[PDB]
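Heading - estradiol complexed with Estrogen receptor
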Amino acid sequence: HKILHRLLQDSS
Amino acid sequence: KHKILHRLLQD
Amino acid sequence: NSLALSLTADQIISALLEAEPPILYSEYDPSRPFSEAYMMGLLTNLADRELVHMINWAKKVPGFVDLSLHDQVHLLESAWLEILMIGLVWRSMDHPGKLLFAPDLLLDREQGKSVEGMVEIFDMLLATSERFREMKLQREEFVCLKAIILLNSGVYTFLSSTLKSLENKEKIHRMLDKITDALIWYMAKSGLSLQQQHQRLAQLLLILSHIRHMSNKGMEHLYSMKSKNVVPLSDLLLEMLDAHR
Amino acid sequence: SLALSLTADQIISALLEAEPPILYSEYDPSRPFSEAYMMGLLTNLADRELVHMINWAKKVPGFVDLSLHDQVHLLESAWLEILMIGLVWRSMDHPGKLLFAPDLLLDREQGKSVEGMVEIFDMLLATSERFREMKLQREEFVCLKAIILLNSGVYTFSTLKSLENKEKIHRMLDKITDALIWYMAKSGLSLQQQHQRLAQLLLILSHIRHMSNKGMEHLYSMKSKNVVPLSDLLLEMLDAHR
Ligand SMILES: C[C@]12CC[C@@H]3c4ccc(O)cc4CC[C@H]3[C@@H]1CC[C@@H]2O
Ligand SMILES: C[C@]12CC[C@@H]3c4ccc(O)cc4CC[C@H]3[C@@H]1CC[C@@H]2O
Ligand SMILES: [Cl-]
Ligand code: NA
């Protein structure tokens, strides 16, 4: 999957 | 002053 | 200062409505192979004929002819494709899923696929028409938006190195404020609350960011079609395209 | 949703608290600015700012209530506009210069180190001047940045889920308009000045969009000429503008 999608799953 | 648009705007 | 800068909101709207350009016809023939070249030829021939009427319309926008010829040239060079596009979206509001380029040329997105790179632009234009439909955009609001495009799109590149050129820049900003006043006046007369007026003003002006985006993409596309010799372009269209490098 | 029930004061407070940090560049002043080195510094900075931008977006009221696909699309559409509006804001106190980072304050002559860059520098400098002319306030800036995030990608192209998220976005855009007006009223602007300033601020967004499109074309040109390697993230954020 795309990097942005993965980063949007981390919390904060 | 040589552009077509310049010429058309003076009409 | 001037007579244009003293007009009331009603006078501004009335003048803009009276200045509306004619709706022109395309050359469309159902007997022709609907090729990439044929469709692009229809669209650019139409755009060229519309540009001459756009110049006449601009001279009727309050205050526009009080600017120097160089300033008028600059603003039309910056805004022309945005203006063609907002006109297209307006004409298309009554035709969900279609773009009314002309009364005889109503195209859907599948027809847009006939030209490489065009369907993505069609989809943006179709989404904007849908937004206008959702908002029930009125003709009075449309003409204010078009005048705002003309005055705003080139205004950050407007030089103010002299006391006169600074005067011209200030006049443009004052007229932009007057068109905002006119939009709000129209919304207020239509019965909207203050909250609804400000919300709708924002909604309308955000659409202008999308129109700018679509113009940028369309200019890139037109340059590509020019480079590939897909279609011959008029001298005026070539110069208008060249002003965007 | 809870987000759509926040007051104007709460929205502005939330956005102020969410502000990202100001990062430093990797600039080594022992080295001169070649085209490749300057592009490397600016893209390295952008990449690190994007991580904080993703963090910031998750704090924009309602954003995390959207589908991940919508969050992705909105950030893909807006990222360079968001970087650029932040740059212009950081540069207001530095007429004639662009404060990319506190250690990378550049003038237009330095921009000439990269082909095609000075044209973009000039547009950004003009926007900084516009911010100064307007005396743009931090509360107004954060509203505008949130508006870019929610608006830039909203009209790119039938499913019911697409309509449900789009309605949420439009409702929150209206709430930010409410907050902007509230801030202006609280600051003492007359009712006419409120709508005039609202319009002046939102028309800035048309110029920011223009600059983003020109910057995206420029970045693609640099990539296409093998001037600078881009992170996988930047490659994907750029490719979304294919
Ligand atoms: C400029 C293009 C040809 C002319 C098209 C046109 C032609 C006439 C018109 O009233 C509006 C538009 C908007 C879309 C334009 C197209 C977008 C890309 C294409 O090259
Ligand atoms: C995208 C570019 C590199 C990254 C630059 C940047 C990098 C960081 C930042 O905070 C703002 C900007 C705006 C200008 C951007 C540049 C415009 C053209 C160039 O390719
Ligand atoms: Cl005709
Ligand atoms: Na004609």
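Below, chain A is the first sequence line, B the second, and so on; all start at residue 1. Quick check of the header: X-ray crystallography, 1.5 Å. As a basis for the values below, the full set of heavy atoms in this structure was taken, side chains included, without hydrogen atoms, waters or symmetry mates. Start at 1 and go down the list; that is how both ligands and their atoms are numbered.
- Taking every instance into account, the structure holds estradiol at ligands 1 and 2.
- Heavy-atom contacts below 4.0 Å between estradiol (ligand 1) and other chains occur for C.
- Among all protein heavy atoms, the one lying closest to atom 15 (C) of estradiol (ligand 1) is C/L81 CD1, 4.3 Å.
- Those atoms of estradiol (ligand 1) that come under 4.0 Å of a heavy atom in C/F101, given as number and element, are 6 (C), 12 (C).
- UniProt 17beta-estradiol-binding residues of chain C with a heavy atom under 4.0 Å from estradiol (ligand 1): C/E50, C/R91, C/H221.
- Given atom 8 (C) of estradiol (ligand 1), the protein heavy atom at minimum distance is C/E50 OE1, 3.2 Å.
- Here is the list of estradiol (ligand 1) atoms found below 4.0 Å of a heavy atom in C/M85: 13 (C).
- Each of the atoms 20 (O) of estradiol (ligand 1) lies under 4.0 Å from some heavy atom of C/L222.
- In the entry, the organism recorded for chain C is Homo sapiens.
- There is a protein heavy atom closer than 4.0 angstrom to atom 6 (C) of estradiol (ligand 1).
- Here the protein heavy atom with the shortest distance to atom 16 (C) of estradiol (ligand 1) is C/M118 CE, 4.4 Å.
- Most residues of chain C that touch estradiol (ligand 1) lie in the UniProt domain NR LBD.
- For estradiol (ligand 1) and C/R91, the ligand atoms under 4.0 Å from any heavy atom of the residue are 10 (O).
- Within the structure, the closest approach of C/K217 to estradiol (ligand 1) does not fall below 4.0 Å when heavy atoms are considered.
- Across C/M225, C/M214, C/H221, heavy-atom proximity to atom 19 (C) of estradiol (ligand 1) is greatest for C/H221.
- Heavy atoms within 4.0 Å of estradiol (ligand 1) belong to C/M40, C/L43, C/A47, C/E50, C/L84, C/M85, C/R91, C/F101, C/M118, C/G218, C/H221, C/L222.
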Report every pair formed by an N or O atom of estradiol (ligand 1) and a protein N or O atom separated by less than 3.5 Å, giving atom names and the distance to 0.1 Å.
residue, atom, partner, partner atom, Å
estradiol (ligand 1), 10 (O), C/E50, OE1, 2.5
estradiol (ligand 1), 10 (O), C/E50, OE2, 3.3
estradiol (ligand 1), 10 (O), C/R91, NH2, 3.1
estradiol (ligand 1), 20 (O), C/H221, ND1, 3.0

